[PDB]
Amino acid sequence: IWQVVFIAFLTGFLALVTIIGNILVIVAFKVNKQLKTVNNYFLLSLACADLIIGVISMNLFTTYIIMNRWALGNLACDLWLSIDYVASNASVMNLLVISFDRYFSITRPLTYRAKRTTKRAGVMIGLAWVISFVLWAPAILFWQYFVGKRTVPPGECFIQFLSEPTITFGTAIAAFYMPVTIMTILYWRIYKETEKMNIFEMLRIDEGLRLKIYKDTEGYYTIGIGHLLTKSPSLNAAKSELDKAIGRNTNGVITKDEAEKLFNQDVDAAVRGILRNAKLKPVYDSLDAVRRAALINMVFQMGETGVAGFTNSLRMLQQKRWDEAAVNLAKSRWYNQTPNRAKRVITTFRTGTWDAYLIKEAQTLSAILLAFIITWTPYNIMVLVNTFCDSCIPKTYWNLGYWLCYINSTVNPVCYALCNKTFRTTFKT
Ligand SMILES: C[N+]1(C)[C@@H]2C[C@@H](OC(=O)C(O)(c3cccs3)c3cccs3)C[C@H]1[C@@H]1O[C@@H]12
């Protein structure tokens with residue numbers, strides 16, 4: 001009992017670390033405009049969940065464990081639980097909101113990336129806490145009054161309707177296993193597709209955007225972002241090819257959605273072209289994200305056949321000789337047709353940076369995700385297990401899993417700072 005008490009305070013240490021880390025997140029974000037963004041906004045929400053959970057749950061938990069008994073009675077037990085599950089819930093749903101956000105950033109450039117603000121983010125988050133609360137709290141508090149009696153004996157506290165290992169299983173899957181799988185899906189997708197954002201802003205600048213058919217600087221009929229319709233001067237040809245392309249009668253006009261989807265089609269085709277080609281591929285392998293994106297610009301413009309006839313240049317681009325590549329490109333007919341765009345692309349080649357386009361080059365999601373899964377799944381697996389054998393799990397293991405579920409909330413700020421040097425230097429001060 002003496003050694004037990006001596007070790008008990010460790011938990012307190014962890015709770016303190018949690019509350020200060022989170023409190024730091026909050027303050028640092030509020031006091032530094034740099035840190036204000038949509039993504040950082042969601043990260044603020046998370047740090048909040050972790051704070052409310054670290055100043056309340058971790059502690060009263062430490063208490064309950066220490067005493068071996070529940071002192072504060074029924075209602076304290078109810079509020080503690082409700083705050084706890086509503087909170088951690090809002091934490092999972094917050095993670096989801098994040099993943100889906102970055103996803104809609106990659107896949108829906110015009111519809112999503114373009115209109116997204118910290119206001120919209122705020123709304124989404126608030127709505128999330130709403131959902132969480134409305135799922136857990138009413139159940140946890142009002143289950144007794146509903147059923148008419150209180151299953152819970154005084155002295156030991158837990159959620160009334162969760163007695164059964166099955167309903168607990170199903171609710172863990174729904175509330176954990178499902179959302180985790182989905183976060184993994186969205187994740188690996190984002191991790192595969194991250195560059196489409198940069199290459200998007202790139203082609204966006206170079207080409208520009210128009211919803212209704214307009215004449216190119218060359219005069220050719222062209223629609224959307226960088227989508228060429230036809231070089232024939234007859235408007236009918238263009239409009240018709242376009243219609244083929246959309247699968248509707250466009251009447252010369254298209255929606256922003258249709259547009260973003262067209263772009264995506266185009267880029268995927270560009271890339272697929274670079275990888276199908278014997279020339280562009282190997283070179284394209286040795287290129288860093290910037291330059292590579294440049295290559296995808298040229299290919300997105302002239303086509304694979306087109307960009308493959310640059311062999312004089314390709315040679316040096318693969319050999320990491322830049323100034324010579326650029327020099328080799330300036331002398332071609334490409335540069336002659338539309339010098340500005342090409343000049344931007346080439347500069348992008350030489351420098352290896354987006355500064356020509358003034359462009360800002362997935363982050364932290366790995367960390368947060370990993371922490372979450374690895375501090376939760378022990379417990380969820382322990383539940384899945386308890387479903388099938390009654391006595392195989394002693395209360396100890398439950399408590400431990402719980403603690404992990406906390407050290408998530410502890411570790412999340414840590415992952416914040418460790419991932420972004422911004423949060424580092426902001427905390428230091
Ligand atoms: C440590 N917790 C506070 C407790 C145990 C863990 O719980 C979870 O991981 C669960 O999947 C479930 C646990 C038990 C039945 S369903 C969730 C609960 C609430 C939203 S998702 C994590 C959090 C959560 O509040 C519970």
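If you read the sequence from its start, that first residue is 1, and numbering goes on from there. For ligands, and for the atoms within them, numbers begin at 1 and follow the listed sequence. Just so you know, these numbers use all the heavy atoms, side chains as well, and skip hydrogens, waters and symmetry mates.
The drug name recorded for ligand 1 is tiotropium. Within 4.5 Å of tiotropium, most heavy-atom pairs belong to the chain that UniProt identifies as Muscarinic acetylcholine receptor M3. Site of tiotropium with heavy atoms closer than 4.0 Å: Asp84, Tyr85, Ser88, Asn89, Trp136, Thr168, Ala172, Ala175, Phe176, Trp376, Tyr379, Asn380, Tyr402, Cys405. Transmembrane segments of chain A, in UniProt's order from the N terminus, whose heavy atoms approach tiotropium to under 4.0 Å: 3, 4, 5, 6, 7.
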